[PDB]
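Lab note: 23S ribosomal RNA, virginiamycin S1 bound.
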Amino acid sequence: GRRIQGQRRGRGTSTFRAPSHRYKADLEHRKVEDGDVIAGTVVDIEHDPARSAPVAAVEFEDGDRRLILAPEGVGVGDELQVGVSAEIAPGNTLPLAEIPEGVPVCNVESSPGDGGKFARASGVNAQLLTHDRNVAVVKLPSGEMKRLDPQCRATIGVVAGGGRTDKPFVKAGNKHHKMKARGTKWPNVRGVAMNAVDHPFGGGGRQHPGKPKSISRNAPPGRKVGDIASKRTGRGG
Amino acid sequence: XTXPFXX
RNA sequence: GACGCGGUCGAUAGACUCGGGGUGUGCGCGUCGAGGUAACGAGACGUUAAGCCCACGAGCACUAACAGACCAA
RNA sequence: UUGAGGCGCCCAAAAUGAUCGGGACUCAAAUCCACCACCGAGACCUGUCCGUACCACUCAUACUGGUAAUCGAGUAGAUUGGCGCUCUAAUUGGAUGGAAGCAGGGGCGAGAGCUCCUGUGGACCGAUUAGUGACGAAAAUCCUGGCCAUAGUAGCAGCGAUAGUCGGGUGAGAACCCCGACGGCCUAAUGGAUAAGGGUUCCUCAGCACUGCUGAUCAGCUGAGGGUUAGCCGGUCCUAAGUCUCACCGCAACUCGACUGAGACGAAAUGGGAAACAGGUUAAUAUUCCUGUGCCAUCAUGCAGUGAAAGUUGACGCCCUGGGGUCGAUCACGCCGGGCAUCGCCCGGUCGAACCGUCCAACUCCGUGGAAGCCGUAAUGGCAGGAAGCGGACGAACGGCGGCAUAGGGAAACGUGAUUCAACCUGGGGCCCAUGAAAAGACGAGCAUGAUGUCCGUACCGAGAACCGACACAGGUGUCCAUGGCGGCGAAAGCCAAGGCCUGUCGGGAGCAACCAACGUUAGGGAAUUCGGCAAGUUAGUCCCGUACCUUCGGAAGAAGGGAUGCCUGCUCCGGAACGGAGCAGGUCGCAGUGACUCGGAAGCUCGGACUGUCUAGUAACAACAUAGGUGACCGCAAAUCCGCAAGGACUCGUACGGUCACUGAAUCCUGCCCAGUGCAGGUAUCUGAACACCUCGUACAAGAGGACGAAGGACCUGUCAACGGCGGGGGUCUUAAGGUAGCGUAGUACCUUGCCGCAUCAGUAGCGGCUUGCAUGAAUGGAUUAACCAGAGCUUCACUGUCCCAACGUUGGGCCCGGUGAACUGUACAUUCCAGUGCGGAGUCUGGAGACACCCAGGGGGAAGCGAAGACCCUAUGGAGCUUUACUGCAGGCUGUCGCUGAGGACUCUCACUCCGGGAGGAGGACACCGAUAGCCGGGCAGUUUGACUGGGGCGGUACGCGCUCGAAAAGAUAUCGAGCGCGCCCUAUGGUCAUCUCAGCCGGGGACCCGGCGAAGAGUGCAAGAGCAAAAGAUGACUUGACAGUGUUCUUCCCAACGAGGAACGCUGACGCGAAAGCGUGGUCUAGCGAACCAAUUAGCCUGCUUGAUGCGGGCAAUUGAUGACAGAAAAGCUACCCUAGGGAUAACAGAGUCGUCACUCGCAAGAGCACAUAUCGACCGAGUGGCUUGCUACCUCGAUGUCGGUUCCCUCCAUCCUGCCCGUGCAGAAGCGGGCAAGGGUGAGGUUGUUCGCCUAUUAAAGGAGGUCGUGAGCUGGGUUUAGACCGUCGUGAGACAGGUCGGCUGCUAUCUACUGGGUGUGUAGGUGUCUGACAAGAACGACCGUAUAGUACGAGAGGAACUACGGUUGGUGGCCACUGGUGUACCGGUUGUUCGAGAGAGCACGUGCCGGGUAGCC
RNA sequence: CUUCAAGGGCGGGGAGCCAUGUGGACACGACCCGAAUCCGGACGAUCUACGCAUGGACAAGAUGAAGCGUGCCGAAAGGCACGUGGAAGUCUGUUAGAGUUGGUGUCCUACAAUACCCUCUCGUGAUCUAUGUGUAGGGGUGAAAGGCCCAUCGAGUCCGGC
Ligand SMILES: CC1=C\[C@@H](O)CC(=O)Cc2nc(co2)C(=O)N2CCC=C2C(=O)O[C@H](C(C)C)[C@H](C)/C=C/C(=O)NC\C=C\1
Ligand SMILES: [Cl-]
Ligand SMILES: [Cl-]
Ligand SMILES: [Cl-]
Ligand SMILES: [Cl-]
Ligand SMILES: [Mg+2]
Ligand SMILES: [Mg+2]
Ligand SMILES: [Mg+2]
Ligand SMILES: [Mg+2]
Ligand SMILES: [Mg+2]
Ligand SMILES: [Mg+2]
Ligand SMILES: [Mg+2]
Ligand SMILES: [Mg+2]
Ligand SMILES: [Mg+2]
Ligand SMILES: [Mg+2]
Ligand SMILES: [Mg+2]
Ligand SMILES: [Mg+2]
Ligand SMILES: [Mg+2]
Ligand SMILES: [Mg+2]
Ligand SMILES: [Mg+2]
Ligand SMILES: [Mg+2]
Ligand SMILES: [Mg+2]
Ligand SMILES: [Mg+2]
Ligand SMILES: [Mg+2]
Ligand SMILES: [Mg+2]
Ligand SMILES: [Mg+2]
Ligand SMILES: [Mg+2]
Ligand SMILES: [Mg+2]
Ligand SMILES: [Mg+2]
Ligand SMILES: [Mg+2]
Ligand SMILES: [Mg+2]
Ligand SMILES: [Mg+2]
Ligand SMILES: [Mg+2]
Ligand SMILES: [Mg+2]
Ligand SMILES: [Mg+2]
Ligand SMILES: [Mg+2]
Ligand SMILES: [Mg+2]
Ligand SMILES: [Mg+2]
Ligand SMILES: [Mg+2]
Ligand SMILES: [Mg+2]
Ligand SMILES: [Mg+2]
Ligand SMILES: [Mg+2]
Ligand SMILES: [Mg+2]
Ligand SMILES: [Mg+2]
Ligand SMILES: [Mg+2]
Ligand SMILES: [Mg+2]
Ligand SMILES: [Mg+2]
Ligand SMILES: [Mg+2]
Ligand SMILES: [Mg+2]
Ligand SMILES: [Mg+2]
Ligand SMILES: [Mg+2]
Ligand SMILES: [Mg+2]
Ligand SMILES: [Mg+2]
Ligand SMILES: [Mg+2]
Ligand SMILES: [Mg+2]
Ligand SMILES: [Mg+2]
Ligand SMILES: [Mg+2]
Ligand SMILES: [Mg+2]
Ligand SMILES: [Mg+2]
Ligand SMILES: [Mg+2]
Ligand SMILES: [Mg+2]
Ligand SMILES: [Mg+2]
Ligand SMILES: [Mg+2]
Ligand SMILES: [Mg+2]
Ligand SMILES: [Mg+2]
Ligand SMILES: [Mg+2]
Ligand SMILES: [Mg+2]
Ligand SMILES: [Mg+2]
Ligand SMILES: [Mg+2]
Ligand SMILES: [Mg+2]
Ligand SMILES: [Mg+2]
Ligand SMILES: [Mg+2]
Ligand SMILES: [Mg+2]
Ligand code: NA
Ligand code: NA
Ligand code: NA
Ligand code: NA
Ligand code: NA
Ligand code: NA
Ligand code: NA
Ligand code: NA
Ligand code: NA
Ligand code: NA
Ligand code: NA
Ligand code: NA
Ligand code: NA
Ligand code: NA
Ligand code: NA
Ligand code: NA
Ligand code: NA
Ligand code: NA
Ligand code: NA
Ligand code: NA
Ligand code: NA
Ligand code: NA
Ligand code: NA
Ligand code: NA
Ligand code: NA
Ligand code: NA
């Protein structure tokens, strides 16, 4: 047969790449020798093409201009702070240690100083729960309990743009426009609609998968399709 | 090759 | 290709004129014309069975059937 | 009276024209019995010759003589002598007193071939002998070249662009080169400017050999000259997606490869961007040259300035909209010029840049002001956080204004105002799960004067002749001109300017026929056509009125239906106004007022997919794909998923409201049960589970053997179906987990099936509704339902109509004749055929007859199993490829243990390698992970392959695939079939061996046990088929025994003859044994079935042997036993292909033919029986005999280098077994109406509804509405609905690819006629100069067929009911031939009305496709 | 040689070697042509598919979503009317442009190796389009038809293995 679509993906051709050259900023937390002296003022609220959520343009005392992962509430004029001593209000960023338990946080770091990794999608937010001299348990938006180094920096508040998922796309055109600004090939042709040569589900005089859909984790690329290492399927039971 | 000559 | 007819001792074809037909009342001018100060005015009547037109007929030698070539026991 | 024989007769029906080969034959030219004489082969006899064989002579195979009654045909093939070609050598010759070759001719040889003569030619050429070899052609759809027919043929017509004509000019020559006039064509192009691309095609002169669809004096052609001028137009510069280079790293390596870093490259219309305008000029350039004016940059000098870098700009999406405003267009009036001539109208012009200066609306802001309800907009909106008003700062045009300009341009005038306003300028609003470049540069930042401003491009085309498409190709190919006039909603039609063209480049002629392409009009009927209304038509613009079911409330909807519509006169209303819009009153014309043009036919039921969208470039546009929506899966990012060999990379400037991987496919109501199998996942006492290390044995070591431990994985357990899938049989549980819930249902799923009932129609395999037992519906393999949408499938109605009845006339281009140009397909030969026959069974050529004078023109295509394409179907090949999978074997990849990196103190701590986060400090992690190596598991993701043979084709089935018996088998042996009957793949320690004793089945008699007697050659028994053998035994009983022994042979068999292995058997020997008195018997079972190679292993006894040598270990070998290949003389082995491919086959199937005729159709013989009695009016069983060649089947002869399917249609001929019609016979014949039969093929046998159907069912008519043959007549005639390609759906089956003798939607029909054939037309020759008139051998016809009515007659007959005929009349129908007074059609002759536009109006005209439309219509043709 | 033994197998009383011609066999291209393959290295995204960058294009008309306004009604919520507004993978449309349903027409040695005419669909968007640019052969690209990757596709083309 021929390589399946998932295999064409990896090659990184234009079709599968994201329009990076059209992206505004690689949102990442600022650095500070220490102290926390850093602070700036929101100048504008822009649209971020890579996340379909707003990003805030901020100006710091050291005249540094950078875009930030805008939580909800932040407006132009507002002043934000970054450091071990920053205030405990929405928009400010400080290590999990200096953050009071029970406070919604976003754009959490996985490794202190990595600039943020977790919870940075529209409306989501993490939840700092347990403190310690070593571990800072945080509940990520997926429900998992992530144990983290208390030195990992994070932003207070929930990410802006919440509720985006509530309104349906309604029409293909709308999807089309969104998909065009992402690293994704769209629309999607069903495997079962292809020829055997093209996909393990292809072929037949009627459309149905050849074998069962749940595939072993050990399956090789070219054959891993359908329900990957499913612990279960269906809704029942 | 498509039925009648040469459809 | 063939076939048929006429060729001045002629009506074969055209012109002209009739006859026989098709349309449907010409241009112009006169009167009327709702009105409009007037300018103007769609249209109506008359002149006008008008004007225009005919692959048919007739009359009619005016024009063209001239000149003349060839084959043949 | 009866028996027998001979010849004949009846029985006796077939398709183009009858037959014994034909003629024809009757006391024969038949038949039978005899006889006589002839004809007639290459046989037979005979003369001569030749070859071959043999004999005599001979060196000879040289002569000579002899023999052949017992020699003379031959494909494949074996054997042998010879001819010819090239060049070498030896020997030896010829040629300018004419070599070779070639042409024609003479001679020899059976022949390959040799030789001579004449001519041509003009320089080489042989012979003999021995050699040499790219040495001999009729063939290969052979190769290359040349050439004939084809043929003076097709094309130079078809396109919404139909284009020309008369004069004249030049010229040797003019339809097409040029001038004028007249007439046309193009209007987003046929005009203007350009990008790419071409590359000189541009201009001039000179030409016509080439090119130009004809010609050419012309030319994009040929030749020669010439032509492209830039500070201010492009390039150049900048950066975009992205590319390259260098470094680094990888790789065996590189011209390879990802990242990172630096550098460079990357935009000529169409990204950003310092600066140029006007006029003039050449044959050809032009913002480039020239004249005038202007501008930019840099630099130098001088003055100014010390500011100077923050900021602005470059610089930005989609939708709506306001304001400013130029050109253009139009209106008004003035001036200049032209046009027209009934009027007073109509056309053109009325110019003037860059630049310099100046003006500023919008936006923003400031002061004042002080709104509590006001201000404002097209709209949104604004405000005590300060509204309006007033004043002010900032601030626009490619715009206004002044200059530029006693510049330029114009023959002249050399205007002024207005409206609507492209460009350009500047605002307001709305949308995004979409956020709409960057950099150079510029501004910020003065002025004078001077200097410099190089390099590259510049011609022309830009297309129905300069580009791509082989072409001067009807194709393809980007940008700007979108504001020329009328028209109108319009960048629409139609008409017309400016500009361009008559080069979508061959012409001339015939009322110009048939036929064809496009098209107009057709009376009455109105879908009867057809698979189907295909094609065509109807409708139509605008306003008013009015509008159903259903619905997701959006829609449906322009539903439907109804009315109006022009011109002229005078007006009203809206608005600032328009040369804008809406109305009113009166008048008035036509058949018609959206008058042409432009311009929907409407309604309903059902299926499918929700919708817009996608797709098979080039037969599928669809129900298929997509989609939003629904759902499940994986993953916390050092992730999941994916790419790379590696270095590395996509996702990712991303982070669960994410993105990956899949399924379903809008909404609405819903989505039952099953975890047994398979999959995935989790768990797991126990079991299983590799390698390293470890223990034991072994080996001075090692190989090797065993053990212990045991990872993932498996067993086992659990979870899971919106995971693959499943949802029955039986009874009032069984398989295998459950056993079909809501729904839906004869379905695009239902075989039966045209299911049944209903609707609808005259009639409805259709359609719809209901029922529904569902061959074989059913829930995200989604079920049901559903508004809207649709070049989707089916059906109904109104309307419409040449689809049809049934065809006609017309129009345009061809066709036909002429001038010019000028192919191709195809060709073994011969060829005037026709009817029959025969033949490899489908003949122009064979056989018999018939017909036939030659040549030519036109036609429509019957035949040449026509041309074209080495059949796609089917089979075959130890062919190919794509695809699948629990086929065979492997390879990646994933998981897992182990070793190395790797370090300190069965679980644990640590830091120092190593990894990651962090700019760094330093944080996390940590001997793990990564990486290298290895082991186990999973592993169609990928690779290579296999997947047999036989066979009345193949497949399925079977195995006649290794063996044995009877029969077939034809009295030796041998002998086939998917021939008939049936067996073997073992069993037995005795069921073997010997010896002794003995005789069995069955029956009879005496006391199904046992005992006694008799009969009893064999029917018993002997392991198992069958056939055969056996009686003091080969059987039974008893006893004893292990010969079922080791070794080695002979022979037969396997395999007749006749080679071939294993296996088998018969019969010996040697050795050792058993039994018996002994002879002797025992080489398994009475005989014929019970079987297996090499390699390798194990095993038995002895021996040989391993690389200088000894010892030990472990090997190699001689002989033999056991282990299986049943496809049985031995491969280790699954499928699909409709996506297909190749080699072939008529060695083999499908169609058709051919043979057959069981089947089918029809008949005959006999005649039981019934028919109230009566076989025979009528019906007619059994059985028996046949005919046909329509059905079906069989066969495998013909065709696979192609004989096109079914049905239909059209057009022609035929058969008779006759449906009607004519003439008849019988009757259970009163009549009338029937029934059965005979002769008979002249004519007729029709129209419709369902279905692709043939068939058939049904309706109404009818004299009747017969059947069959012609390659199931007819595709170089049509059609294409079904079968039968590629797309898709449903059901069933399959793990899957995919399948179906199931259904369903869609799905390209090639070719110029050489021959023959016929229909018509000519030219010749024959009869042997003429005119006119005839004859008639023969030939053709259906030229006529049939029905209804009246009189006969309410009569004959009949109780009545009912109800004939002969004959004579009238008419109808079908067919036929002709004709046009009449009716009707046409009538792009003609005349009229009228719309739009153009010629100023008027008059009179052109165009609107070959008439704008409407009305009428002559002749002719019908 | 096998062998207690016996019986078997093979060999034995001197003819070969070389050369030249020739018959035949085996490997090789193996008498000649004949086909679908398979493999290697290269050349192609001037066609076309999909993406990206930078530009361009869409007469005219219809329908009239939200939002806003005015008026009426209401205590309010809010309702109704009219207007304004101008939304839409919206409608009509040969605007330009794109597409390709039927005629199973014309053509079918064509004008054309996919054309012509009429008919027909879309035509503000998942739109069309120019130029530049990326992806390469068991690989791309694919709203999936085994479609397309220069008249070439169930594995392009060229040359080589041959
Ligand atoms: C015209 C022709 C051959 C003739 O010169 C010779 C014949 O008449 C003999 C014949 N041919 C036939 C039956 O007898 C016959 O049925 N042929 C010819 C008509 C369709 C199929 C045929 O195979 O269709 C099959 C289906 C049955 C699956 C598929 C579609 C194959 C088609 C194919 O390869 N066509 C080639 C054409 C061959
Ligand atoms: Cl999304
Ligand atoms: Cl000889
Ligand atoms: Cl240029
Ligand atoms: Cl505004
Ligand atoms: Mg993309
Ligand atoms: Mg990031
Ligand atoms: Mg999909
Ligand atoms: Mg498919
Ligand atoms: Mg596969
Ligand atoms: Mg499906
Ligand atoms: Mg499915
Ligand atoms: Mg085919
Ligand atoms: Mg002989
Ligand atoms: Mg000699
Ligand atoms: Mg030969
Ligand atoms: Mg000819
Ligand atoms: Mg014309
Ligand atoms: Mg020229
Ligand atoms: Mg000249
Ligand atoms: Mg550059
Ligand atoms: Mg530019
Ligand atoms: Mg020029
Ligand atoms: Mg030029
Ligand atoms: Mg031309
Ligand atoms: Mg009619
Ligand atoms: Mg009908
Ligand atoms: Mg019919
Ligand atoms: Mg139609
Ligand atoms: Mg007014
Ligand atoms: Mg009309
Ligand atoms: Mg149906
Ligand atoms: Mg659809
Ligand atoms: Mg197609
Ligand atoms: Mg379609
Ligand atoms: Mg199509
Ligand atoms: Mg979805
Ligand atoms: Mg679908
Ligand atoms: Mg029904
Ligand atoms: Mg379910
Ligand atoms: Mg034929
Ligand atoms: Mg063949
Ligand atoms: Mg096949
Ligand atoms: Mg194969
Ligand atoms: Mg790193
Ligand atoms: Mg495979
Ligand atoms: Mg191989
Ligand atoms: Mg076979
Ligand atoms: Mg015998
Ligand atoms: Mg014996
Ligand atoms: Mg073996
Ligand atoms: Mg053994
Ligand atoms: Mg065998
Ligand atoms: Mg055998
Ligand atoms: Mg083939
Ligand atoms: Mg045969
Ligand atoms: Mg008869
Ligand atoms: Mg007859
Ligand atoms: Mg037929
Ligand atoms: Mg017939
Ligand atoms: Mg035919
Ligand atoms: Mg045909
Ligand atoms: Mg033809
Ligand atoms: Mg069909
Ligand atoms: Mg059909
Ligand atoms: Mg069909
Ligand atoms: Mg003669
Ligand atoms: Mg006209
Ligand atoms: Mg390109
Ligand atoms: Mg409105
Ligand atoms: Mg639309
Ligand atoms: Mg439209
Ligand atoms: Mg397919
Ligand atoms: Na499938
Ligand atoms: Na021979
Ligand atoms: Na010409
Ligand atoms: Na100005
Ligand atoms: Na649309
Ligand atoms: Na569509
Ligand atoms: Na299960
Ligand atoms: Na399970
Ligand atoms: Na089911
Ligand atoms: Na007609
Ligand atoms: Na013919
Ligand atoms: Na294939
Ligand atoms: Na095999
Ligand atoms: Na043997
Ligand atoms: Na018969
Ligand atoms: Na037919
Ligand atoms: Na008859
Ligand atoms: Na036939
Ligand atoms: Na047919
Ligand atoms: Na055809
Ligand atoms: Na191969
Ligand atoms: Na390309
Ligand atoms: Na409103
Ligand atoms: Na079309
Ligand atoms: Na390939
Ligand atoms: Na090759």
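Proteins get letters first, then strands, A, B, ... in listed order; numbering begins at 1 in each. Cropped entry; intra-crop contacts only. Non-standard residues: parent letter or X; surplus atoms excluded from contact counts. Scope of the values below: all heavy atoms of this structure, side chains included, with no hydrogens, waters or symmetry mates.
For virginiamycin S1, the full set of ligands or chains is chain B. The other chains with any non-hydrogen atom less than 4.5 Å from virginiamycin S1 are D.
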